[PDB]
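Entry overview - 12S mitochondrial rRNA with tigecycline in place.
Proteins come first, then strands; the chains are lettered A, B, ... in the order of their sequence lines, and each starts at number 1. Side chains included, hydrogens not; waters and symmetry mates left out as well; all remaining heavy atoms used. Whatever order the structure lists them in is the order used to number ligands and atoms, beginning at 1. Determined via electron microscopy, 2.4 Å. Only a slice of the deposited entry appears, and the contacts counted are all within that slice.
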Amino acid sequence: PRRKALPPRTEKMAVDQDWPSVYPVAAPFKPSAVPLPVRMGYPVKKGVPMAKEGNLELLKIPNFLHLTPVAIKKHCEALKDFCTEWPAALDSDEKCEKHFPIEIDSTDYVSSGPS
Amino acid sequence: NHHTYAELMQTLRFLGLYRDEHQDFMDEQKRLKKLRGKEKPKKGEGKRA
Amino acid sequence: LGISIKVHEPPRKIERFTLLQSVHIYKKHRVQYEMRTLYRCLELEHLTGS
Amino acid sequence: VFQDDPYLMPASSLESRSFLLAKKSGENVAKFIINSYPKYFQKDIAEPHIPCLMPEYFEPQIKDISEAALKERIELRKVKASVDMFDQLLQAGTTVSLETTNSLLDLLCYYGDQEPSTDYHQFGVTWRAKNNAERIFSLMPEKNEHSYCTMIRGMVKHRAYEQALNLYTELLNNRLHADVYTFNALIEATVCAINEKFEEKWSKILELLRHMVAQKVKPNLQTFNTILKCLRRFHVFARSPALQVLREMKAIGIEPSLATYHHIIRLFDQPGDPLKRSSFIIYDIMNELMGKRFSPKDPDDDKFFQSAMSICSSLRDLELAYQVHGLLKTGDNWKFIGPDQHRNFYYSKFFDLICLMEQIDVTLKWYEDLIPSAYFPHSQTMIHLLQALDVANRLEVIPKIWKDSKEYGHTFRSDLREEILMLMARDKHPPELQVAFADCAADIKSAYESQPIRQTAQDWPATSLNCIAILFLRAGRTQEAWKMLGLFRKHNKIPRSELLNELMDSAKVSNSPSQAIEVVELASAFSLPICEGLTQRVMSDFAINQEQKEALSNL
Amino acid sequence: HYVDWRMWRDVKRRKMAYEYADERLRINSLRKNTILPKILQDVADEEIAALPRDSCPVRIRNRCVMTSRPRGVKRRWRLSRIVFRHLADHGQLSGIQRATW
Amino acid sequence: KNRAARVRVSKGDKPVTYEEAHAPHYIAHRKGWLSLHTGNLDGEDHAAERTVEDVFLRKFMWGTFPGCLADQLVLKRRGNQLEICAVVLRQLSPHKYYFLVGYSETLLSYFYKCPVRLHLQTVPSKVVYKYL
Amino acid sequence: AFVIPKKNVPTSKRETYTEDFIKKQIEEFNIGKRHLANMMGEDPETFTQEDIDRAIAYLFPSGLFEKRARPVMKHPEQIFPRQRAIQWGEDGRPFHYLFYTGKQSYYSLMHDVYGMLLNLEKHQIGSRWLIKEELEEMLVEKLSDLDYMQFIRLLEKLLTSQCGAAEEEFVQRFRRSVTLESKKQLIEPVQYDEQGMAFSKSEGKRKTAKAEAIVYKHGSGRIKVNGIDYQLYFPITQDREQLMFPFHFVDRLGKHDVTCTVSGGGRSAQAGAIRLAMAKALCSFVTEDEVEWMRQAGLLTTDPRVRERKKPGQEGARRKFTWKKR
Amino acid sequence: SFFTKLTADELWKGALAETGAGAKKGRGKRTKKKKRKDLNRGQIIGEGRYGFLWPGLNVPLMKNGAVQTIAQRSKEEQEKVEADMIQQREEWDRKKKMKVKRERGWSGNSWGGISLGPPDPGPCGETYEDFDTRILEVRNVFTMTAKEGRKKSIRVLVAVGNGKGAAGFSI
RNA sequence: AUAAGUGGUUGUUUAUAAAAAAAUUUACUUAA
RNA sequence: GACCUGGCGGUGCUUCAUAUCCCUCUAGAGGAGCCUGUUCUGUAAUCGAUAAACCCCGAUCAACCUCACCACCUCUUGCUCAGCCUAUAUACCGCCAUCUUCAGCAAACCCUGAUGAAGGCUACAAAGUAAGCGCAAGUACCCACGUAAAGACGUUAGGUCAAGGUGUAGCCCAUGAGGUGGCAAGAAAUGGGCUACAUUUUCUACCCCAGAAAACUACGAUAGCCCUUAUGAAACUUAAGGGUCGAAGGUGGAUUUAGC
Ligand SMILES: C[NH+](C)c1cc(NC(=O)CNC(C)(C)C)c(O)c2c1C[C@H]1C[C@H]3[C@H]([NH+](C)C)C(O)=C(C(N)=O)C(=O)[C@@]3(O)C(O)=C1C2=O
Ligand SMILES: [K+]
Ligand SMILES: [Mg+2]
Ligand SMILES: [Mg+2]
Ligand SMILES: [Mg+2]
Ligand SMILES: [Mg+2]
Ligand SMILES: [Mg+2]
Ligand SMILES: [Mg+2]
Ligand SMILES: [Mg+2]
Ligand SMILES: [Mg+2]
Ligand SMILES: [Mg+2]
Ligand SMILES: [Mg+2]
Ligand SMILES: [Mg+2]
Ligand SMILES: [Mg+2]
Ligand SMILES: [Mg+2]
Ligand SMILES: [Mg+2]
Ligand SMILES: [Mg+2]
Ligand SMILES: [Mg+2]
Ligand SMILES: [Mg+2]
Ligand SMILES: [Mg+2]
Ligand SMILES: [Mg+2]
């Protein structure tokens with residue numbers, strides 16, 4: 001015979017699951033793993049936007065499914081541990097430049113590529 | 001580096017791991033011309049001296 | 001994370017340039033292209049290195 | 001590690017294994033090409049530089065005869081190049097450093113003068129008496145302690161115990177102390193060499209310990225683990241000595257690793273009914289190890305959990321299994337569960353025990369968590385989940401269990417495709433369940449029809465056939481149920497008494513005398529002893545006189 | 001395996017020009033001032049005029065890297081207008097669209 | 001008449017994909033970019049080197065998965081990473097797909113000196129937007 | 001027998017959305033609606049459509065200039081085209097007595113409205129006749145423009161004659177509503193400075209020039225453009241005549257003080273931006289009738305005439321290169 | 001250059017020259033017509049010139065329950081594989097040079113008398129397998145158009161009949 | 001109700017075809 | 001002989017014509033010098049475009065390079081599992097011109113014509129229903145406006161084998177590859193542009209309330225000579241500046257372009 005594809009696992013997903021476990025990091029939109037009936041595509045006349053499956057328009061979006069509000073709050077809790085506290089004495093900019101007269105500026109440039 | 005892009009993709013074809021539709025096309029045409037007798041003459045040992 | 005943050009949109013940049021539309025002649029016919037660069041500045045304030 | 005497509009998702013444990021080998025196979029072909037054509041991959045674009053995405057060079061690039069050039073062949077583990085260069089270098093008469101010679105020996109001994117195979121260009125004794133390693137030692141003018149030690153260790157791996165012991169004698173003749181590793185290798189040699197009883201081996205062991213103490217050699221974890229590893233042959237006489245060893249390490253300060261307990265639990269778990277002695281020890285071990293983060297220290301640390309779980313399941317200790325599993329899930333301990341074999345074994349046993357000894361609701365919770373997230377079931381572990389559902393009198397789930405059975409590659413498994421029917425047909429049920437099981441029934445019917453085993457031999461368990469028929473009747477597909485009758489005669493599979501008995505009701509519900517006659521006429525042809533009893537009921541219930549004589553005349 | 005012999009002649013020019021750049025720089029510096037004696041600058045003139053002609057950087061031509069075209073190349077992508085458009089028109093250049101205003 | 005990247009009308013019988021069905025004047029309007037990196041942004045560098053890499057990969061993938069691709073690649077870049085999002089068909093053995101994923105990823109990571117991933121999305125048949 | 005190649009005439013899959021198909025879509029939307037609220041950490045029971053749109057916009061961000069090309073997750077009834085229900089049963093008899101006209105809905109309506117007019121004989125702003133595209137959706141029948149026009153004629157003929165409450169509510173089914181925008185100038189708040197002086201401030205824009213004016217309720221006629229007297233900032237008279245224009249028109253030369261700032265453009269576009277900014281700020285201190293007259297004098301409109309781009313292959317915005325016949 | 005190589009679709013479209021001004025108005029009068037060959041037809045993924053055997057692609061992944069390693073066919077063995085490939089191509093081409101015997105009607109080159117088989121089955125299961133269909137006349141008729149010019153249509157006359165009294169004809 | 005001459009040559013419908021590649025061992029360590 | 005469809009008519013009528021007809025409005029081109037194409041002449045010395053729809057066109061660009069040209073001197077499995085800017089754009093893909101400052105092209109049916117090529121219109125309706133593709137809608141830019149963009153099927157074997165690729169034919173000690181040097185001029189004739197001929201001007205100051213100039217260095221060259229500088233290895237040539245020099249020109253014949 002010819003290997004048949006299993007059904008999408010969105011059906012086995014609980015309407016109350018924790019979504020952050022499904023997409024922990026940035027990953028490309030997978031129709032079989034996202035339980036949303038989302039459609040995209042300029043519709044033909046008397047037609048509907050195209051279904052998620054095989055929809056190359058949805059695969060061209062840089063999606064934010066790995067950064068839901070839930071996920072962010074959870075993430076930032078685990079990261080409060082890493083950050084230290086601003087000197088409460090340095091309330092205003094007046095106080096900043098009283099105690100620290102020099103300011104050093106520098107820029108970092110984030111860009112995609114091998115180098 | 002055009003020497004690297006052609007030489008890599010040439011071995012990948014000789015290794016069986018890359019299909020070169022263009023080189024397949026040109027091989028077919030070359031094969032047919034040979035049948036018609038329109039084959040490249042041997043260098044030096046040509047019709048002329 | 002308890003950081004003070006303000007956001008504004010710096011105005012966009014649209015870089016356009018023109019090319020010939022045909023391979024050989026027809027100088028009066030061009031294709032024009034652009035690249036939009038959109039911006040958002042996150043102004044964070046009073047942070048420690050960590 | 002798998003691709004997340006409905007069509008590339010593995011759908012069985014075989015695929016789970018096969019798909020990862022295919023991905024790894026393609027990586028070898030890449031790495032084979034990358035290393036065979038380095039020039040196509042020698043253009044570094046990365047900043048910062050990535051050393052690991054560069055090609056590798058395995059051939060020694062210095063052909064001059066010098067001490068430095070020797071190191072390359074040794075570092076490059078090129079046994080043939082080193083010996084050939086060594087021969088020429090020796091003929092030149094130049095001096096070879098003791099350290100350089102020692103390193104050359106390690107490579108030759110470690111691999112037994114057998115070149116490690118890479119990319120492209122078992123039963124029996126692999127060691128050969130006329131091997132170059134032996135010759136090199138003779139040529140070696142000076143032989144230090146490492147020379148003797150390294151040679152013995154390799155002999156152990158190649159089963160050359162007898163001469164290794166003889167070589168150990170020469171070391172003693174030179175009044176040279178051996179290292180910890182030499183002793184650890186020797187311990188296995190003495191025990192594996194001869195098949196003497198424990199007491200004889202025990203005495204020999206104590207002799208070496210006295211040598212170890214006399215030589216002021218401080219033992220390692222491996223030192224003791226080797227003992228426990230060898231003591232598995234004396235599967236009952238080494239039990240008490242083992243407890244001495246365990247307590248001794250704790251005294252010295254060496255904390256037992258997972259490999260230690262692995263040897264222990266294997267040793268104490270022998271074929272026996274009570275196994276209460278073992279039982280106690282297992283329990284104590286787990287109590288000792290509760291909430292203990294482990295680090296890899298012994299090569300056998302990975303085999304613990306599979307053994308632990310096996311015993312837990314053999315003793316049927318659900319509360320102990322939760323402690324074993326509870327330990328695996330602490331910190332980074334899950335990394336010790338070992339290869340795929342170990343992992344299936346663990347989860348297969350662990351879950352069998354759950355289905356048997358746990359509440360059904362909690363079994364379904366563990367069913368959803370473990371499968372296929374962590375474990376691709378075997379055909380059997382579906383049966384156990386079926387049985388556990390029966391014991392819990394939860395047959396509303398059997399339909400779901402059938403779907404999953406197909407989705408894990410158990411559509412054709414004979415054993416499984418029967419139990420489901422039996423349980424679904426054993427009893428009558430409310431209309432809903434009856435209908436529900438009838439839909440599942442037709443689904444399994446398709447499987448029996450399109451059996452791939454049919455190419456070999458089509459099997460049709462009459463019991464399975466019965467269950468189907470019953471369920472089709474309870475739904476109303478009498479016509480389809482009647483088609484089964486043809487199949488019985490076709491496959492020459494006599495129906496079950498219960499199927500024949502229930503066939504009477506089918507005619508009564510339909511109130512179609514014509515069909516009722518057909519059932520009896522066919523059953524009578526087979527002269528089944530149960531059929532005769534049915535004929536008496538039919539003749540009393542409904543039977544035309546003219547039709548009776550026609551049946552008799554055939555006899 | 002370059003697109004043609006005109007590209008191949010530019011590949012070599014770019015490579016030779018790179019080899020001699022430090023020498024050419026040093027010699028120019030001598031002859032690009034009023035400080036040094038003219039008898040010395042005149043020697044420098046001779047010296048740099050004797051370096052191979054294909055090390056002279058003005059002889060480099062920015063050809064389409066795909067088709068070798070010597071004119072009509074956008075320098076940010078090193079492609080001719082014909083080749084640039086073909087990728088731009090299929091959607092294959094990140095962030096580049098048709099301009100309308 | 002304009003020709004660039006237009007599929008002509010034909011006779012109502014030509015299957016075309018959403019991608020193919022849209023002309024270049026729809027590239028920021030009704031459809032997106034098949035590649036996404038930072039080279040072509042104002043102030044950014046290396047647009048040329050990104051472009052040569054993208055022309056090779058599309059060619060590389062087309063011949064490496066012969067007859068399998070059901071649409072165009074989506075090329076993504078995030079920092080050091082490269083993502084190749086193919087939509088393939090369901091005719092090749094999943095064993096062969098896994099071989100090719102492992103092969104292509106490995107070979108491309110050593111060629112372009114970066115982590116390269118390849119996300120397949122199988123479809124039964126080529127998704128038809130319109131019958132031109 | 002010559003076998004002619006069988007043409008795949010029905011290549012184009014025609015839109016066929018069975019009622020069962022829709023219900024399976026509404027099911028998936030409800031299930032998906034709950035997953036969406038779960039991801040967003042919101043209450044599945046109060047997740048409105050506007051929460052679906054906000055969430056989908058964030059999770060699948062697209063800049064595509066057309067909204068119909070962006071990702072969407074809507075109720076299947078707002079997405080799929082409404083379709084006519086099966087018009088005959090299993091026996092094959094159509095359910096409507098006007099089936100065979102092809103337009104049972106349109107001619108049913110026409111039959112009804114005609115009767116309503118017939119019975120009447122036996123008895124004796126802000127709203128718009130729905131457009132055709134609307135009636136076709138109300139009737140689900142592709143309709144001709146001449147059909148529509150004939151239909152509307154009956155309706156209007158119905159309005160003319162006396163109608164009861166029952167008839168009027170019928171007509172209203174086809175009379176839509178038109179919100180009417182007011183062309184009435186919005187008046188700027190009167191504010192007060194530290195010294196308690198009343199002023200209003202407004203903005204004006206002319207070409208690339210932008211002006212901000214503060215008009216004081218009381219003053220002498222002092223305009224100070226960018227800190228300079230108006231006569232010195234605008235040495236050109238035409239420029240000064242433009243600043244006079246707002247105040248002269250309402251008879252208020254010499255009654256107000258103005259502080260403006262302008263930037264961009266050239267001198268005369270600056271004069272016209274300041275004119276507009278001053279006129280708008282001045283609306284707070286005149287009557288509503290005077291504001292309307294100022295609107296009808298063209299003093300309160302932004303001038304939209306701005307420089308047009310040059311086109312390629314031309315000399316200018318409109319100017320062409322010389323055309324050479326031969 | 002690797003980057004100047006195009007796809008088979010682009011290559012055949014240019015080489016075949018199905019479109020162009022030649023096709024229009026019968027300007028091109030070269031009867032000889034090439035046909036597109038799918039050069040991917042007999043191609044196996046993983047099969048190359050050097051004869052390497054890739055486990056999991058070109059050869060089976062597992063042998064005797066063990067994972068195979070990279071292997072390469074012998075030179076003598078590879079010759080057979082390449083020689084066999086040539087044979088299949090030739091025989092595949094052989095099938096397409098065989099001329100089919102078209103049963104002739106009133107004349108060798110005439111459409112009259114040729115049979116078109118039974119009428120196509122109706123929409124609602126209506127069937128016409130009783131009826132035969134013979135062509136009576138094929139004629140290229142022309143009209144003139146403002147844009148193109150000589151526009152060809154085909155007028156065809158057929159007759160249908162079951163041989164039991166029922167018959168008809170249509171254009 | 002003015003007057004408006006000319007344009008070498010040449011040119012069209014001969015008949016249909018198709019592929020697949022693929023599936024034996026479903027869980028240890030161990031010993032003689 | 002008689003038709004059908006189209007074209008065309010110095011064909012009728014009726015409407016129209018939008019910087020899309022005429023009368024109208026504004027600024028120009030055709031005369032001068034200059035700049036830059038083309039042709040023609042020349043040269044040993046490239047190719048392409050060449051009514052509209054070629055003529056500052058391929059070129060968002062040639063001192064060498066670029067380069068394809070000419071002369072001379074070299075090389076021969078040759079950067080390439082060769083190469084060819086050799087022929088054929090009338091074999092083609094690719095990308096376009098043109099009507100188009102269009103609204104039409106239409107598969108599938110049904111009907112009409114005695115079942116001919118063909119044809120299919122009436123709303124108080126009389127045989128057409130039509131999916132698709134254009135137009136439209138939508139979107140870009142500062143709006144519902146405008147400008148872009150879009151703009152089918154076809155027409156002109158229209159342009160482009162010299163962007164690249166390529167069918168067919170040809171070259172393979174050469175029609176290929178490389179080095180050195182060189183041409184790329186003007187009797188002229190014409191296309192497009194720039195600057196002028198001045199008083200609504202010229203020069204300074206200022207960038208809008210000034211002073212001067214104004215037919216002998218008035219107005220008027222961005223042209224010639226001289227010098228310097230910039231870039232470059234190379235500049236009598238390319239560009240910038242300065243000086244010198246004050247030419248033709250005194251609002252341009254037939255005709256002709258653009259703009260709401
Ligand atoms: C000899 N004539 C009949 C001809 C022949 C060919 N080519 C061949 O016959 C080639 N034969 C080979 C293949 C070499 C054996 C031809 O290729 C051509 C033409 C005609 C020209 C005419 C061109 C003309 N102008 C530019 C000189 C023109 O203006 C038009 C026009 N329509 O206005 C053209 O059609 C023209 O440009 C053109 O295309 C021609 C040819 O194509
Ligand atoms: K050619
Ligand atoms: Mg155009
Ligand atoms: Mg202008
Ligand atoms: Mg004459
Ligand atoms: Mg004529
Ligand atoms: Mg006519
Ligand atoms: Mg002029
Ligand atoms: Mg002139
Ligand atoms: Mg020329
Ligand atoms: Mg020419
Ligand atoms: Mg030509
Ligand atoms: Mg012409
Ligand atoms: Mg040549
Ligand atoms: Mg042409
Ligand atoms: Mg063409
Ligand atoms: Mg000709
Ligand atoms: Mg508009
Ligand atoms: Mg336009
Ligand atoms: Mg439009
Ligand atoms: Mg031509």
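The ligands or chains attributed to tigecycline are ligand 1. Under a 4.0 Å heavy-atom cut-off, the other chains found next to tigecycline are J. Under 4.0 Å from tigecycline lie these other ligands or ions: ligand 13 (magnesium ion), ligand 17 (magnesium ion), ligand 21 (magnesium ion). The source field of the entry for RNA chain J reads Homo sapiens.
With the cut-off at 4.0 Å and only heavy atoms counted, the binding site of tigecycline comes to J/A51, J/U88, J/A89, J/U90, J/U156, J/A157, J/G158, J/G159.
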